[PDB]
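Within every chain, numbering begins at 1; the chains are lettered A, B, ... in the order of the sequence lines, protein sequences first and strands thereafter. For this deposited structure, the header notes the method as X-ray crystallography, 2.9 Å. In each ligand, atom 1 is the first atom listed, and ligand 1 is the first ligand listed. Atom set for the values below is all heavy atoms of this structure, side chains included, hydrogens, waters and symmetry mates excluded. Not the full deposit; the contacts listed refer only to the portion displayed.
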Amino acid sequence: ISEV
Amino acid sequence: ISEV
Amino acid sequence: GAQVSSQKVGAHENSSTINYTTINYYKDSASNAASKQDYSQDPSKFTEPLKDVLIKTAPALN
Amino acid sequence: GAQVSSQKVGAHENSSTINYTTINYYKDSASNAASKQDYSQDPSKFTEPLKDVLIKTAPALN
Amino acid sequence: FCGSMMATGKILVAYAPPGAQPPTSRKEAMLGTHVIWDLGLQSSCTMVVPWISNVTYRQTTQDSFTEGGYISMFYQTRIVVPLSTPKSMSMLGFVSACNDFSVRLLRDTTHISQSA
Amino acid sequence: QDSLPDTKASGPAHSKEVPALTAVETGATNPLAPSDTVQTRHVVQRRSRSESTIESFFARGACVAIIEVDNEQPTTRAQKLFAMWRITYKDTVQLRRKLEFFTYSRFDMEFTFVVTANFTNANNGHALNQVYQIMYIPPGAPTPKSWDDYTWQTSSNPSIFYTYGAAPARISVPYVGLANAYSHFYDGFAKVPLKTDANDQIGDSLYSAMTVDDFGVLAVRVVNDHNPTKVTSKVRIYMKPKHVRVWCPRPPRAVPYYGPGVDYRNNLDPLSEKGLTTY
Amino acid sequence: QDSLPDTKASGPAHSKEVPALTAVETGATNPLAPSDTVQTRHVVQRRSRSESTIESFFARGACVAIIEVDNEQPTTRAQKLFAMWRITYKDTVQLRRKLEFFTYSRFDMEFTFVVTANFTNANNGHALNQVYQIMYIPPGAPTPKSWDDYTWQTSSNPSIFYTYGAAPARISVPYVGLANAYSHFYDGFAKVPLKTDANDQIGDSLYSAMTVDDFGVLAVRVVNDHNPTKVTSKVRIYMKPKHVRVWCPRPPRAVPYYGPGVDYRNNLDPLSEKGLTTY
Amino acid sequence: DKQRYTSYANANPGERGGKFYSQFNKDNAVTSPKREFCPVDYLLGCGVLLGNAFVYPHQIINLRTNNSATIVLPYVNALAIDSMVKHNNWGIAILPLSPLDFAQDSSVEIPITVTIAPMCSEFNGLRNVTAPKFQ
Amino acid sequence: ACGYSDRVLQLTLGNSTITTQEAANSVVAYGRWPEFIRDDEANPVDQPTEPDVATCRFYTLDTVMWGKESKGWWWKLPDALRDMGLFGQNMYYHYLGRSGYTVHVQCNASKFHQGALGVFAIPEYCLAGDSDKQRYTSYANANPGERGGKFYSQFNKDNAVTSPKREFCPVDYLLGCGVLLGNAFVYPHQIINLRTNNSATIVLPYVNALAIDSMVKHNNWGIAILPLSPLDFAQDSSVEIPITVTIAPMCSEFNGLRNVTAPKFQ
Amino acid sequence: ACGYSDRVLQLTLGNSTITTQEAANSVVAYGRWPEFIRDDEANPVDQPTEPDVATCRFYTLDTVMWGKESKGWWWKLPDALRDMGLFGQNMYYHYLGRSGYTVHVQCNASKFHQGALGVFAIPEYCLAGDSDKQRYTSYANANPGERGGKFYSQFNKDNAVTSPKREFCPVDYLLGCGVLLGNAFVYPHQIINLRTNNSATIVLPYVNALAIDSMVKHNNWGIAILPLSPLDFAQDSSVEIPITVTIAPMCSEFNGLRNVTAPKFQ
Ligand SMILES: Cc1cc(CCCCCCCOc2ccc(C3=NCCO3)cc2)on1
Ligand SMILES: Cc1cc(CCCCCCCOc2ccc(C3=NCCO3)cc2)on1
Ligand SMILES: *C(=O)CCCCCCCCCCCCC
Ligand SMILES: *C(=O)CCCCCCCCCCCCC
């Protein structure tokens, strides 16, 4: 995933 | 995830 | 981004801690459902708004 | 491939940082919703297009 | 000030926050937020209207509950010219937002329309 | 863990500590438990105040309005081909009274729309399924004069296109107040009369009213062109506060509401007759 | 963090620095804050420009067109059994004016279709649910002469088959311009008259028009064969720019639009009457 | 019969204050209306029951117990600051929860004096003086 | 560096800003900036009131006209400001008050006009009177408020012994007080010579024989403006230009609060 | 240091130099200096022509007169320069051309004159027309060359349906295009207020939706000069002063060489  |  | 919490189980089936899962789909927090995990507080600001709060076993007036 | 970001929470329930999740389903980026996390810039190219930009406390003309 | 260079003068420009009588005299206007502009080589003067309000956001429409107050202009001294000079001249006014300015709740404008 | 306090085992007393005696003149409520005046056993308490939390008390969709709109042939006398409603929790009494236990509030608002329709006349043929437009018009925006004029283009105003028969329409709204909290009560005016005023109309306002249009209006229309036979519809609006916070408690409304303010007119006799020494 | 600048605590001044004085002849706007001309306190600023971002300003579905199409018995005089619309944001005024705050733009485009229908005549029996075809015809492709001729086979053109009563149809389109950005304004011509030309018609063009067909057309028809009784339908097209970028700001349109270009005809008096020294 | 119609001058008695009434006498003169409040005592002058007014900050002067009451009020509002001329923040209500009586004298009368102090007072938006019309 | 000048000034006090593109530097009287009463010079024991931005800001007085026959104008402080917003109120609700001042005198004309104004800040400006009667000028006449007073070219003795005017008779070359005007330059001052400058700016400290006193009973400073050189323009015998006085109280503090003083000015 | 100033400028391009002792600083439109087409933004594959000093130099246009009834003047670029030396030739021998510009507007008068000119640089300055007929202004009329065009105080509709003039009808307060003139300041601009400055100087980048285009078919920039405040002098009701526009092409490059384009301007 990509957590920003 | 966030387990509370 | 899934959120996982314990349910307060009322009536138990003949089968311990049970959970549920929540995922916000929208950017605006206004769009969100209610978490309903709400903390409580003291009635004191309403039940005892006194400058000198006194202990119940002692005279209210002295 | 899930994307996770913080929401800017306005009105808070009596329950901290809250998130939401986004997943693109289509190959074409045209199909995508708007991210709405948009950066800002200086008005200067419009408010001050001067070759010699001057400090506000000093004379505009000298 | 778009007058001739030989022209002099001092002007008071003012802002009164809402709630009292709108200024009819320089005497009253002096008492609020104000700039005394002296004409000269620096042609222009800027008066900043500071955010002074009760509510956190005012309405874009007219409404006494979210009203902004009054702007007024008066002669501090007077326009003085020499002979062979124009005794009358134009002043131009400009307005813009300081960097603390913001807007919310997008809506359709009354400034454009279309017939059947 | 949200359970209430366990009852403590309490015995006999012969002492100079007197919890039963007090003085309510002070403004305070006596913090007493049964163990302070009677012999008590030990109870392990499992009960909880979960359902009386502010959120749980308001977490229910209340009917705040009934908007009636028709779809029929545009004639030249007054008609309901479109309708407008001023957004308020005050055309209805139930939710209004719940919100009024408090002076100030802050919350996000959920709007759910139940749409119903029927045939008016015995028979001129039938109608195909209708699409309804619900346009929000914030204070300042152009209001429609006609069911299909340019305002309905809704380029900047938010609008719902509801198809009849589909599940009820639902949207959420942020905390949109001009203040830091919504004022359920405003003791004051939007204008002050000044001695220097020309007429004394200039400084006249309604007591307790704030902004003239408060939150704007909802403009409802049927997007379909009219059938031969007439169809009447009603949009019921359900309102739910969510992510709720409240300040300063108030006594509940005890007599019937008489318009938008604290005004009473009649049925000022809320209480029944009961004999002093009658159980 | 997207909040605006905190106000700084500012005191009295007696100095040779004069921020209140300036010269607008330079072309620049004076960068002043309240602390430059008045005594100010310290404010910790929490307000934000989130809603005025270019995306947020245009993030709303605007009505750009109303296409009317009928389903009835094919007779031999002019009929609406199919219809064609030239794709444009200019048959409508609202979105047009918002886009026109800028000279050039680049964005993906979302099309949403609201379809409504009704019975025309008092009664010849009824109709079964209709399926609508919305065919995109890019410049060059064969245009239909008949509601059911070969073009509708749509083998290479994109088409939507909308079932009546279903949720409104929705598609997305890429940035499809021939240039690196869309030109909201074109000061020039598509043809030049040359001295060596035979007629002087040959080099004549419309001022400010670019390509003749710009983005092609949408051809709308009811796929169903006709009922005994006639059904009229309207397709409303909602257009939303997304993933938007814009260049070179322009003054907003102040007088009413008179066709596709910057031309004005009347109501050239936008401003009201107000006395110079009248609040 | 007119809702939200109490005039500014009548809503604001100044130092003089206002009074309560035992019952609702409707101002009937539609031609020249008094535009006054009609505060009924057991309804706390506002449509609710007086018995519940104790959820508000309060004290009781029961004459066998005390001479006086002392309440310290914070600034309470939906805003950090507002127009004092347009809006009142707090209302002081004094009602006889139990009627005055003395020996057997049917016409007893004692004074009530209210002394108030502003606290942490701050002001913004200076300009020319507001002169309200109180007539 | 950058482009700064003695001639171009900005003054900001409270919500008020003054600009001037033609100043002649600025004066701080006796080299002392205004300040508050120190604990070791303090005399009333009660906690003072310091209204700050609400009173220490620029009050503009009524404009006067300078013409070829103008002999001079005078004002007294705090008297000129007794009716100016919250400063006036503070002054009248208290027995004691002290304040410094920024005085800004304004008079622009043109490159072809002529004339020079002597602007003088005088500590304890006692003025001479009407009569054979000594020290007889009445309170109401000694204190004109914002309106100020005037000078005269010569001494006209108020003769009517039966109903005396009890007014000052300020003769110009005697600075209205028995001395010669030429020597008034030992006082804090500036000159508005029209070929040089638009304005005069003098910063006054609180000057007194006491740390604080009664503002209603006693004026600390007198402002005297006299035409050191007469106004003239082209050949027009009846020229007239405005003179505007704008004053700001500074470091204002007040002691002895009670009910308001209402002086009888009739 | 030494003695330098915002008011005194020298511009030198090619064999031409401009001086000005009374400027109001200078503007670079949108904060972008003119530049050549980068390899990664390039679109025509053929080697460009860059004439440099022969075309990127100061061409002075025919002087116009500003009088009390003057409503405003406008020009389009590159059109104003189509007949200017080797720039014109390069423009007409090629299908494609891009260029930036230094625009220098000149208007001096005297310390006793009065008036203010709004000089505006507008990207894609589409103008309104004559008729009931939309988008009907003819090429010859849309392009006046060096001569430029004018504004009008009001909309006179060309009525002759039989033989239409196919001209623009630019109304001044509507910036000739349906918007209000007061808002034209969002465009790159300068003001010539005669008490302040002789001239205006604006540097224009190449602005377009493409890296390069046809200069003959399309104008990139419009120059609009309007009297924001009318000309006036002493009491003479018929005052008249000159306005001279001098323009320089910058970073000019051309693609698509072939036989010369001869437009029909009749
Ligand atoms: C007084 C007071 C009032 C309240 C409730 C305030 C709620 C304010 C909401 C304002 C916006 O309401 C909208 C309702 C519907 C829509 C809508 N948009 C598309 C169709 O429905 C938009 C806004 O609490 N106290
Ligand atoms: C001038 C100008 C114009 C614009 C907007 C341009 C949008 C161009 C879109 C072109 C394609 O439009 C389509 C619309 C609908 C469909 C469609 N396909 C299946 C049915 O609907 C396809 C393409 O911005 N500036
Ligand atoms: C955190 O959320 C990462 C894990 C996501 C698991 C799959 C979620 C499927 C639902 C995604 C909803 C997207 C809505 C815009
Ligand atoms: C990254 O996306 C890996 C995690 C995916 C979690 C399950 C997603 C369920 C939704 C898949 C949608 C596919 C659409 C074509």
Checklist entry - What is ligand 1 bound to in this structure, taking the chain with the most contacts and naming it as in UniProt? => result Capsid protein VP1
Item to check | ligand 1: which of SCH 48973, CX516, HSP990, 3-deazauridine, WIN 51711 | outcome: WIN 51711
Checklist entry - For WIN 51711 (ligand 1), which other chains have at least one heavy atom closer than 4.0 Å? => result F
Checklist entry - Which other-chain residues or nucleotides lie under 4.0 Å from WIN 51711 (ligand 1), by heavy-atom distance only? => result F:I87, F:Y89, F:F107, F:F111, F:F113, F:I134, F:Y136, F:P158, F:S159, F:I160, F:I171, F:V173, F:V176, F:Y182, F:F215, F:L218
Checklist entry - Which organism does the PDB annotate as the origin of chain F? => result Poliovirus type 3 (strains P3/LEON/37 AND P3/LEON 12A[1]B)
